[PDB]
Asker: 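Handing you this structure, nothing more for now.
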Amino acid sequence: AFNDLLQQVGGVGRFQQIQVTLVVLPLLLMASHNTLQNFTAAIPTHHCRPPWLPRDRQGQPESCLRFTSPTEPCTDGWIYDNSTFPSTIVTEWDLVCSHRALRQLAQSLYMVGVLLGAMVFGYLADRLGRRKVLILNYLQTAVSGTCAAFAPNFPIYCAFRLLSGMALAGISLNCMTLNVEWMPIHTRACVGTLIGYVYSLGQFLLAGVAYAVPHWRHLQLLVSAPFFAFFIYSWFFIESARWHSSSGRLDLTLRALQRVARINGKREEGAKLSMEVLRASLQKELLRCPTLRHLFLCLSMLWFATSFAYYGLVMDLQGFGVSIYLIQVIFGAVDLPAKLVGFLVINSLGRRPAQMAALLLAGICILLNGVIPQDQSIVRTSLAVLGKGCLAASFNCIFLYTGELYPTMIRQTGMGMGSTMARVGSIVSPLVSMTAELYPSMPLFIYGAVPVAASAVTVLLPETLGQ
Ligand SMILES: CCCc1nc(C(C)(C)O)c(C(=O)O)n1Cc1ccc(-c2ccccc2-c2nnn[nH]2)cc1
Ligand SMILES: [Br-]
């Protein structure tokens, strides 16, 4: 068995600690990139440009309509507010009113890239390697991200944000994958938990960076800046030894394991390992099968709906009556208690009842936001914060539940394609937000009605607690 031989060089050790820390380090910036459209594309208060401006029923000047003489649409441009948002992509290329969907199109195009990033670079890691793909993904995001910060017009920004989406998907996919191939079976849950916790710490980093750097060009450049430094040390990564065995390169596998032995200091055991011993140790459809088919759609709907309403709330921080810098801190802050409640309930009640309670409660909070009047800022903000926490507690549960609900043969493929359909939800969520022109609370109603119907799916699943 490979697990027993991985413990020969000491199991978890100095090499394992050093590389896992460096591989998980860019995961802090993963949350910032996924949410960066909130700060780089924030919509400030604006009004038409006189060469004058009607006021709405609320009292503020009516946007994109001006009097012909002291009604006609804006022709000379728009005047924005520099008090809170000095420069965003909305102010730069006039993505207001008529071109309101263009701002959402940036996230949809970016989320198209992250979907194709898992599909393409997932296939590349099987043929090329896990270390080789990581090197080509730390560079790509740094080049694509920086080139996006200097985009001359809008189409160039969308094309260079899509490329950053493809590379970031490869980073996330090859972070957990490369980490588990170099770590023993015993320390497999610690890595899985650490990936999610490091992922949830990125919201705090985004708020701190965006507060000091409000400009969209400087914030985007600074966010993609470390990925050049990550590429500098990404060369010093040891390729997964198990993958080398699967590729018929046992000579490379022996060298990789020997190199680990000297790093951990147990070089005596590494010298014992040899090709004869290495070979002796390592001697060992989803919808096509109705049995797994009726298990796939139920899991797929949970992955889609949980992600569909997640990015329908994280992307819409503005409008709760609180500064977005404070809300981003609070949204990140509610993540840790939400897992604690979920993890305790999961082990005390069951994966299925907890998931249904987490999804149903999350759907109610989102749905009640549209009904509640916008005047009550504190209550409306609190319900959204509670809804965000319950959605996060659903992600942790569905990640655990999916693994236990799949046979060992198809578990790895099911989890990968199960997360793939989750990336599909993050694509449609910005698209649904584009219907806010038809009705103002319609996007919030839809984001709160899909998880409610998704909670009925979990009932059809079989409970796996204590089984
Ligand atoms: C908090 C964001 C949730 C999310 N975003 C994405 C995008 C950016 C579209 O890729 C996906 C996806 O890859 O499908 N997901 C799903 C996800 C589920 C569980 C977890 C998780 C939860 C707890 C502990 C660990 C993890 C985990 N496993 N692998 N990576 N993180 C992380 C992400
Ligand atoms: Br991800």
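The residue numbers of chain A are those assigned by the PDB entry, with the residues present covering 2-52, 66-84, 102-315, 328-510 sequentially. Whatever order the structure lists ligands and atoms in, that order sets their numbers, starting from 1. Below, each value reflects all heavy atoms present in this structure, side chains not excepted, and no hydrogens, waters or symmetry copies.
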Asker: Can you tell me what they call the drug at ligand 1?
Answerer: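 PDB records name it olmesartan.
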Asker: Which molecule here shares more close contacts with olmesartan than any other chain, as UniProt names it?
Answerer: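 It is most in contact with Solute carrier family 22 member 6.
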Asker: Do any UniProt-annotated transmembrane segments of chain A have a heavy atom less than 4.0 Å from olmesartan, and if so, which ones, counted from the N terminus?
Answerer: 4, 5, 7, 10, 11
Asker: If the cut-off is 4.0 Å, which other ligands or ions are near olmesartan?
Answerer: ligand 2 (bromide ion)
Asker: List the residues forming the binding site of olmesartan, heavy atoms under 4.0 Å.
Answerer: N35, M207, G223, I226, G227, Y230, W346, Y353, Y354, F438, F442, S462, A465, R466
